[PDB]
Every structure is written in C-alpha cells, then in structure tokens.
Chemist: 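Structure uploaded - (R)-ketoprofen bound to Albumin.
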Amino acid sequence: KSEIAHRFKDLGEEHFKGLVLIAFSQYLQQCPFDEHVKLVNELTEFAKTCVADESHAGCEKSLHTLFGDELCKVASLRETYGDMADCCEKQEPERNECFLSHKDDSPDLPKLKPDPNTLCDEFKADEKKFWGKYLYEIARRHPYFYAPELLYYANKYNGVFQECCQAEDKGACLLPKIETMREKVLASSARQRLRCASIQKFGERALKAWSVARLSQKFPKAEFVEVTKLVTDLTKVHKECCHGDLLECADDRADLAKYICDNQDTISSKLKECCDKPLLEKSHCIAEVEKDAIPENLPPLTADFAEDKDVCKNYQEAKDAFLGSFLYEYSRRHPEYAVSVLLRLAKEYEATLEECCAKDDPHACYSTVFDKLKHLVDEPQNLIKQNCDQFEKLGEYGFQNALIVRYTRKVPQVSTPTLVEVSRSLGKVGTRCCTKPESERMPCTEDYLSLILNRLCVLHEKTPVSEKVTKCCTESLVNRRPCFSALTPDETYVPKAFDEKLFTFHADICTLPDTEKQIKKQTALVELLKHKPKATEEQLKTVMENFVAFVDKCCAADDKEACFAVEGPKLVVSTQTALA
Amino acid sequence: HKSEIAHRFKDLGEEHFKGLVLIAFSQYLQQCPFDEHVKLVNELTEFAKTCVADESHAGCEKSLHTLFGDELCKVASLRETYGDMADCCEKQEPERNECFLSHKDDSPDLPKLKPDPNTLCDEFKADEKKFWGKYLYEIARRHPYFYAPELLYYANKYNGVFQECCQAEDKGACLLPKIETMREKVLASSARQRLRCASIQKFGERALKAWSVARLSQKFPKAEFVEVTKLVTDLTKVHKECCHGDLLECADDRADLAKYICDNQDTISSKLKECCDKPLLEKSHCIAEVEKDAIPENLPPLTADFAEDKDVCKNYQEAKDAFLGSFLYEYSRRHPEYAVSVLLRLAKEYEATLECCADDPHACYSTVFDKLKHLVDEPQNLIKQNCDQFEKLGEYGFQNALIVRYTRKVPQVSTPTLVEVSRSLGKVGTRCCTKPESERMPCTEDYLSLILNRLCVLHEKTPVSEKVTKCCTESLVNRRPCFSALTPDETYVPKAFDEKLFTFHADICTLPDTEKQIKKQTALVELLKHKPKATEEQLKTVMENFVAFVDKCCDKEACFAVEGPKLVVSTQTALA
Ligand SMILES: C[C@@H](C(=O)O)c1cccc(C(=O)c2ccccc2)c1
Ligand SMILES: C[C@@H](C(=O)O)c1cccc(C(=O)c2ccccc2)c1
Ligand SMILES: [Ca+2]
Ligand SMILES: [Ca+2]
Ligand SMILES: [Ca+2]
Ligand SMILES: [Ca+2]
C-alpha cells in the first residue's frame, strides 16, 4: 500500500538513494550537490519510516506526489528556476508534466576537466560521495539519462579510480579510461533521449515498434508472442524512465532482467553469459548482448504478407498485432539492417495495405509490395557509398568542415552553436562507423544518425526557427534521415549581415585547448556561410588556410596579442575582397 | 563592559563584524569551503548578539580566542583536511591559538582565479553581499596575513566596480582593466602586511615600532615627536593585533586611531581634511596613503643635536630607544624622499656607532655623518646597472637574467620560490626604473624589502639553504645588501639530470601567457641547478635554440615527442 516502502525494499538503500539523487539532479539541474544530498536523506529517512510503519501518515502517497512535494519546498526555486515554481500550483499528474517540460536539454554547464590527482584523493577521501557526485554531475547534464544505466556507470567509474589511484603516473592510467567511458556515456544519453522523444512526440506505439525491431534481431529464435511480452515490459520500463519514475523504472528493469534469465531457452543462447552477473552489470550485459543465430529454414516474407489471400482480413482483424508480426518476421531474419530501416520498411507495408485493402481486388495491388520495399533497403547503402568512402580523403576533422557547409546551406536559419555541435557529430560517424566491416556500416550509421538527428530536433523544437527542420523532425521518426538528406538550400535565403565581432579574434584563441578551439574555429566557418550562403568550394580551402596560417603566426610571434590586433583586420578585409 | 564580544559587536556594527569574522576563519582554515565558513560566522554572530542583550549570559566573558577557537574545534573535517592542526584543539589558550597560527599556509597552492565577467556579473546582481563575502573569502584564504580592515575596504571597491561596469554593454572591457589594476594594489598591500607581521614575529615589537616612527615622521613632519610617539604606539598595537588574528580588535583599534587623527589634524597634518571626511573604511585607507605634508620652513641641522653636543652618549645611555627614535624622528621628517628601509639602515648604523662613546666619546662620534650618507650613495650604482640592464633586456628578458643570477647564488632553494621571487624582482624594473632618476633609489629599495621578505617567509618553512636563512634572520634592515653580496658558491654540486624536467607537451602551447613564462622560467631554473657553471653566452644559444622549438611545434604531439628529445640532446651537446 506504500509505493515508497516497496521501492526501498525492492532496491535497497544504496541504489534507492542514488536514483532519488539522479531524480533531483535531472529536474533541478542548476542546484548544488550538497543541497540535493540534503534532500535525498530525509526522503530516505521518510521512506524508512513507512517501511517500519506502512500505514503511517503519507507513505501511501505516490512517489511523484512525495518527490514533487520536496521540489516545491526548495527555497531558491522561482529565484533560481523562475516559471518552474508555477508548477507547484498544480495537481498530479499535471504538476509533474509541468516540471518535466522545464528540463534543460542544453544546460550550458561547465565542461569537467579532470585533474587525476585532485580527483583520486576525494575518491579515497570519501568513496561513496565520490560515486554520488558522479551521478549528480552526469544527470544534471543529461536530464533524460537512463537512470539504472547511470548507476552502472558510476560503479564502473569508481573501479577505474579504485584500480588506477594506487599508481605512480595516475594521470596516464586514468585519462584514457575516463575518455573511453565518457564516450560510452555520451552515446548512452543520446539513445535514451531518442527513446524519450519517440514516446512524447510519436506515442508509445512508435517506441514499441522500435523495441520489436531491436529484440527480434537479437533473439530471432524467440516466438513472436514471447517477443511481445518483452516489448510491453521493456516499453513500460522506458516510459517510466522518460517520465521521471526512476525508482519504478529501475525496479521494473530488474524484474525484466530476471524474467529474461529465467527464460533463456525460449529467448536466446547468447544469454548464458550475462545472466550470471550482479544486477546492474547483468542488465547492461543483456542490453549489449550478441545476436543469436537465425532459425534454419523459414518461409519467405512474401508468403504470409504478399501472396496470401487473407492479409487484409487478417490485417483489419488486428492491425497492430498484424503489423508487429511483419516487423517481427522481417527483423529476425535481417540483423544486417538498421532497426531504423526496418521501421521504415514496416511503415511502408502499412501504408500500402491501407491503400490496397480499400481497392476492388486488394490482392492485386499488394502482391507487389515487396518490390517497393526491396528498394528502401537499397536507398541507404548508396548514401553510405558516397560518404565514408568520401570521408577517407578528407579525414574526420576535414569531414566535419565539409558537413558544416553542406548543412548550413541546407538550413541556414538554425542556431550556429547547434550546427557546430551537430555537424561535428555527423563527421564522427566515419571514425565510428566506416572503419567497421563494410557490411555493417549501414546499421551503424543509420543507427547513429537517428541519434544525432534526434539531438537536432530536440534542440530546435524548443527555439524553433527553421520550417524545413520542423517539417523533417515532426513529420515522421523513421524518415528523419531521408527527410534531412533530401534537403536543398533555398535561394529564398537572405544572407546574414556582416558582424566583425563574429570574425574578430583574441589571444584567448591560442590559450584554448585543442578541441574547443576547433569549435571556436568551426563556429566562424558557420558564420561565413550564413553570411555568404552562395560561397564557393575552393577559396574556402584557401580562406581557412589564410586563417590556419593566421593563428599560427600570432600563436608563434612574441607579443602574443599584437599580431591579432593588426593581423586580424587584415584577413577580414582580404577575405572581404574575396567575397565577390 | 565585561564582554569583549559585546564590546566589538557594538563598536563595529554587525556588517563589519561578520566580514572580519569570515576573514578570520578564511585565514585559519584556508582549504575549507565558503558556505561552511558562512555557517560559522552566523552562529558566532547570533551568539555575539546574545551577549550585547545580556552581557552576563553564559560564556559572554570568554576571550575572543576562546570563542573563535572553540568554533574551529567543532569542524568535523579538521584533522582529515589539516592533519596535525587537529592537535591544536587539545591545547589551552593562548597555546591553542599560537598553534593554529603556526599552520597558516603562506603558499596555499590554490587555483589561480580567472574571472569570467558574465558569470561574476550574474552572481553579483543576484546577491550583492554573498558576492561581497566571497571576495573576502578568496583573498583571505590566499593571504592569511592580509590586513583585515584594509581587506573590507577592497571588498567595497570590488562591489563598486560591479555597480558600474555591470550595468554596461561590453561588461568585460569595462571590468577587466579595473579588477586587474586593483589586483595589483591588493597584492602589494598583502606583501606589506606580511612584512609588518614578519618584523614583529622575528625581530620583536620595537622593530615594527622603528618603521612607523620613520613612516609617520615622513608623512607628518609638522607633528611634534611626542604626538608621533603617541601615534606610533597606537598603530603598533593595531598591527600586533591583526598579525595575531585578533581582527575584531584590530579593526576596532584602527578605527579609533583614524578618529583620533582627524580630531587633531592641527597638531598632525594639513593634508588630512580630504581624508577625515569620508566613510570609515575609506577614511582609514586615505590617511594611510595621504600625501606627505610639507616640511616646516627652517629647522636645525642634524650634525648639531646628535654629534657636536656634549651629552650625546650620556643622554643616549639615559634612554636608548627614545633617543634613537628621536634620531629616527628628526632625520626622517626632513627626508621625505628617502626610503623607510634606508632610514632604518641609517638608524641601525648610528646605533652601531653609538655602541665608541665607550673614553673620549666626543671625538670618535663627530665623523658619523659622513659615514651614513655613504650608505645613501652606495646603492645608486646597482640601480644604474640594473635599470640599464632592464632597459635593454625588457622585463621578461630581465627576469630571465635574474633567474639565472639567483639560481647561481642559492641552488638549494626550491624551484618555484626561485621562479616566483626573480619574477617579482624583474617587475621592479618596470615598477621603479621608469621614475625620474633622482627618485629611483628609494622606490627600488622599498619593493625589494617586500619581495625579499617573501623569499625569507617561504624559505623559513622548508629551509634548505644556509645562505638565505643567514640573511633572512640576520637583520631586517640589512636584508637587501646581504643578498647582493653573495656569489654562486663552488660548494654547490649540480643537480643530477632529470629528463622529466625538460620534456615538453602540447599544453605548453595552450597555456595562458603568464603560466607560459613560468613553465619556461621553471625549465631555465632546473638547467642551472643541473649545470651551475654554464656560461653567459651559451644559454642565450640554448634559449635561442629553445624558443626555436616551440615555434616549430607550437605533432601537435609527435614533433614535441621527437623534437623535444632532439632539443634535449642538442642542449646536451652544447652544454659542455
Ligand atoms: C534500451 C536497453 C535497456 O533499457 O536496458 C535495451 C536494449 C535492448 C534490449 C534490452 C533488454 O532486453 C533488457 C531487458 C531488461 C534489462 C536489461 C536489458 C534492453
Ligand atoms: C599600515 C597602514 C595602516 O595600518 O592602515 C598605515 C600606514 C601609514 C599610516 C597609517 C595611519 O596612520 C592610520 C591610522 C589609523 C587608520 C588608518 C591609517 C597607517
Ligand atoms: Ca541553453
Ligand atoms: Ca505503479
Ligand atoms: Ca605550499
Ligand atoms: Ca585581543
């Protein structure tokens, strides 16, 4: 009768406290760590009270009710967060959707530069708080981070500091490990955000479809009804995470991990290795598991979904069940496809049935449906065949630079900091993907774009300025990459007026770290194309060069500032000659 | 009435009271977080209020050290953070406080602070006072001997720069110049107070007293010696109290002195009226840096009263310090141009000379006045050679020259001290050498005593060189000559070669400009430790070849990676 007692019992105090802490850090992103801790314990103490006495006053409230009551006691709330304190005026579930809406997906908080020595002492100073501070720093930065998975990563973090803090040159031991891990974490955020976006913007069934695709690939051996059960459970888990119900999300995720291990036979043979780890490690392992072998001799899809005479009758009888079935069959025997394409394929199959089952001889129309699809599979490979195999010549950094011009021309109205962050990430696919077996590029890249493109839609949808982008993001989820790739620059676009401040540079530029410097450098490329929408392709190879030669002189010459002072106006006036 | 904490709370009013208390904690517990110290200021501030209501309430009669220290001893994280410092709680006052003082870090190795005008302007308008307190905290924790009342004043100026400049468009361009100039005034100010503190601690009260007789007699040459004696004792008490952590009383006593001074401008100075009409902190600041009043018209020659006279040794033996002060009084009022360091040096000899009045005293001590003014003319050459030295090389080149000279003198000294010191010396070139040549000698004499003190104070903790200890401990007045006299000593056995010292990374390119120099000057230091007898011409070849390294590389990882080992072996061939 007490949701909070139940969750404290099911998860135990340590995890309970971490999740609860993750919750605050994700709602109240600009609040300080020591405060949120203050808020975690009393809620923990309170939870202890209702497990002792479950009929005590208030332990029968929902966790949203109880958690939200805490947020609404935050002294600095309207002062720190403003309009968010309006949320406190509402009733559940409205209060919580209001709070959710104020989650900053671009909290513009300070990048964490880790000094191995100053960190390792804190680690040994206090382990558990070290772990907590980790949960906090990542969650505030990714307000939709998959919670139980964040706990897993905090654990992994300590072990890296646990086992690399007894060294001489710690720093040489650490940085590589923590750089690799934070890459995994970035990805993990991007995925969960996509799962969140599908639900909010395309409804539950969009995410179900996605889950069907993923699981049917990994467990091609399992029966469709088995796969369905995993889908609803897993969807509920994500629906819960994406709504802030972290304790319930975590608890349910654990319950799902068990069911899966308890039923390996009907599901997969590659499970035997995961289902023998501790809970967090187990679930991560299950999520990353290798796909099982496809079953032996199976009827072609054409049989049950095209040639058969009763498809419209079967489809009309239970549309979603029937479509899920199609997605099941298609995916289990095609691990090579990206789940993104599979959805694209099923979305198509649905539209034709809608069309054809309405015509006079519906079977005449649909019999050919596998002729339209078998093309949708071919469309993507080419768009992989011109680029990563474009990519080798330019290399990565060059490639990103190639992309900024292309996308900026596509959608110039987009905020610069967005184009930069995005454009960078698209280029990073090559190092990410195109090194892979040429066979598995397509799932990898189509799967990464769906992540990067989502990031774009989520940044844009708040401060919306470009209709083409709204169109591509909003129209469909499966077709976002096609909608965006299909984009062309509009001669309607009126070029951005010149602002010296954009093209002016200071000694700070040299005193920058290597990467951020690129962004500060890449930002300017962005501004030019906004300024000169119809610029050409080779002067850029010269205009950047005078620039790369510019920064070197100044970073070289003695008076670190003076060159910038006199050199700087020169490049603009030269490059402003070359503007035509 | 019988409660010191009531007494100070009434005398200063709550706002100064709270800042000063925060300064104290911030100076004792330098590595503790700002909000923690805040919690401690209030608890003590509420308690303080209780004793003004009821002065007979329990504990209101305890000393401030009892009360402040009892608070230091409730900190849960004290031994974990500070180690032996938690031993201090086991002691009784006054031993507990002398123990806490001993753990004050003069080199707290805290993060250099880069102010981002947006982030700061956000904080400032957000909350004025916590912004104000946070300044007090960051400065105090970095200078645990900072002159407290003066620190409050600077907090005020900090906020005023933010009342302005933040209501602006390009905030950063309005701000950065202002906070940067002030950051110099504060740094200087710290070095001074660190000096006044060290004089007392290591040379006693009268040492601090002699300076003051000089400093004040210059400023108020109109005042009679007795008035000055009155000011001197008052002011010495002020600094003794600050230097001992007795901040509330320091502030309270300083104010009272500022008041007294305004009430007697007539008997003291004509240049006071512009100060004596400001708010309290500003007033005190202004009085301190006020312009020297004009010397009165025609007064007796010095030779007259201190030599030709028949009772010079006998009057002297009757009251040594008083008579010696009179000398310091009289000599100083008529030499506004001289450096206080020089006047003490002069007084120090005259004392050394006075110690000859021991068969026919009148005969020996008649020639003393030609000996002194030799001491004034002595310094002048090392100012031309250094200022002409500096003029040629520029600052940065000059600092590098200094780094080499001193690394030669005292190789055992820690690398970071040598670097920190030489730099500040080089800035003397820019600080003084620009002035009209007539007045170059005093200004240069004045900053050195500050910088040289900073060396003794850093070394005095982890003492590794017999040479500096001798000079730091010998005398306060003669520290400047002492150091000049030492020459690199063949006793020194060169430091074994360590590649870790001379390897370079891409960070060297990405550094702010200031650290950039420090990493190189650091590298330069370590070389002379390795090769003491390198020559005055090879090094510029090593530096020429060296700056001819970063230019190529500044890969980014691979060249440094191979270039660096190449340069190491180059400098290692031509090293002889
Ligand atoms: C999104 C991620 C997850 O939310 O964990 C995922 C992806 C693919 C398969 C599974 C899965 O089957 C699973 C179920 C229970 C616990 C762990 C993994 C999970
Ligand atoms: C050390 C500094 C100071 O302690 O402020 C200083 C220098 C010179 C003169 C005075 C002074 O006479 C004074 C007295 C009362 C309040 C303010 C200044 C003070
Ligand atoms: Ca933002
Ligand atoms: Ca429920
Ligand atoms: Ca130190
Ligand atoms: Ca006292």
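To find a chain's letter, count down the sequence lines: the first is A, the second B. Residues 4-583, in that order, are what chain A shows, numbered as in the PDB entry. Using the PDB entry numbers, chain B covers 3-357, 359-361, 363-558, 562-583, in order. What's counted below: heavy atoms across the whole structure, side chains too, no hydrogens, waters or symmetry copies. Remember, it's 1-based here, ligands and their atoms both numbered in the order they're listed.
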Chemist: Which parts of the structure correspond to (R)-ketoprofen, copies included?
Modeler: ligands 1 and 2
Chemist: Help me out: which other chains have heavy atoms closer than 4.0 Å to (R)-ketoprofen (ligand 1)?
Modeler: A
Chemist: Tell me which UniProt Ca(2+)-binding residues of chain A have a non-hydrogen atom under 4.0 Å from (R)-ketoprofen (ligand 1).
Modeler: none
Chemist: Could you tell me which UniProt domain of chain A does most of the contacting with (R)-ketoprofen (ligand 1)?
Modeler: Albumin 2
Chemist: Using a heavy-atom cut-off of 4.0 Å, name the UniProt Zn(2+)-binding residues of chain A that are that close to (R)-ketoprofen (ligand 1).
Modeler: none
Chemist: Around (R)-ketoprofen (ligand 1), which residues have heavy atoms within 4.0 Å?
Modeler: A:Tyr149, A:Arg198, A:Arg217, A:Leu218, A:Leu237, A:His241, A:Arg256, A:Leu259, A:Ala260, A:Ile263, A:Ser286, A:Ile289, A:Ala290
